[PDB]
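Along the sequence shown, the residues carry numbers beginning at 1. Only this structure's heavy atoms are used, side chains among them; waters, hydrogens and symmetry mates stay out. Looking at the header, which is where the method is noted, we find X-ray crystallography, 1.6 Å. In listed order, ligands and their atoms are each counted from 1.
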Amino acid sequence: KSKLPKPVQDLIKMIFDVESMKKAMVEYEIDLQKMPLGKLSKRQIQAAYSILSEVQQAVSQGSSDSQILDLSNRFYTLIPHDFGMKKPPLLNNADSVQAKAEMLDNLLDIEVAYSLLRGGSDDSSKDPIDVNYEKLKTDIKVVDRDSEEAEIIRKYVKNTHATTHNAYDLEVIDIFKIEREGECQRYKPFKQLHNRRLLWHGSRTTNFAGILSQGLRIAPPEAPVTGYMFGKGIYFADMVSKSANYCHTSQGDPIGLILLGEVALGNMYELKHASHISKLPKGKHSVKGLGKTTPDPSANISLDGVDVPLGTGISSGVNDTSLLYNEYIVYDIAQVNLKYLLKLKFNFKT
Ligand SMILES: C[C@]1(c2nc3cccc(C(N)=O)c3[nH]2)CCCN1
């Protein structure tokens, strides 16, 4: 039997749950009879991204519905969808491309989780929780609820829940301090960079085995750059609720996971509207999508020499922006050092 703390054991059980992976796939309209969890491969997902890029080229070139039909059909051939003997809906716009790009990002992490579960050794004398913990190559510790780091984290959660995201409230269940093997070494060129911030990253529970084993990643070269507001980078928020929305929790699944990462932002390229970029302008280290609301800058605190924007939301003074809240994007995976993982209970008021 495992000697790991019970919250860590529960975390391991949640992220390696095969039934949750199947549920995420069903939620995406994937046909599990034609494409089961065991049949998903990087190769297949990459080919589907490539086809999605062919679809975005046709939609931006102003091709007709009759013209896009074969391209749309091609995507469904690669990623079978649950439509029986009926015709699938046509993928003929930016919204459908974005929705499918997001789905493939999820399938990529699910494939990683399933590969870990299948690519190791079998020893019934060992607790499978300990076995699965070892596959993450991540030191996971429970943060003491009475510690200063827990107090700062709780304040960050308490103060940055947006009024527009009030259909639920958040209860912090557990706070974990995480250390991905080799990440400290990888982050070394950015460890003293100016404008290092502690930011939120929300994701579906089914993506966490991938995130902990591989770190936060950028969509592959095959992925459509127009499938993401600021292109192919790693996205963070300074508002807990903005990132919590990306956990995709519900009344039937109200427990989610959120990350706190130290992000080396450096010289920020400030944008108010979509810019589908792959690379940054010279001398820029990140993109800051300017929100109408920002955490109060006077309330900014330092945790282990990193800025924590835990102030309550105030007007940024930014006019005519597509964003209600800030978002930060890095285009080099080495600019992220994951620090904490929170298990949240979503209390839906609706
Ligand atoms: C829509 C998209 C995304 N935009 C975000 C902005 C702020 C935070 C997050 C997050 N996950 O915490 C975001 N995720 C684009 C790339 C992945 N999904």
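Of the chains in this structure, the chief binding partner of ligand 1 is, as the PDB entry puts it, Poly [ADP-ribose] polymerase 1. This structure shows the drug at ligand 1 to be veliparib. By chain and number, the binding site of veliparib (heavy atoms under 4.0 Å) reads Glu102, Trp200, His201, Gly202, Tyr228, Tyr235, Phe236, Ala237, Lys242, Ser243, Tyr246, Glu327.
For veliparib and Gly202, the ligand atoms under 4.0 Å from any heavy atom of the residue are 10 (C), 11 (N), 12 (O). The UniProt active-site residue of chain A nearest to veliparib (heavy atoms, to 1 Å) is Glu327, 4 Å.
Protein non-hydrogen atoms do not reach within 4.0 Å of atom 18 (N) of veliparib. Of the polar atoms of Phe236, none of the N or O atoms is found under 3.5 Å from an N or O of veliparib, judged by distance alone. Residues of chain A that UniProt annotates as binding NAD(+) and that have a non-hydrogen atom under 4.0 Å from veliparib: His201, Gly202, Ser243.
Ranking the protein heavy atoms by distance from atom 1 (C) of veliparib puts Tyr246 CE2, 3.7 Å first. The dominant UniProt domain at the interface of chain A with veliparib is PARP catalytic. The deposited entry places no covalent bond of veliparib on a chain.
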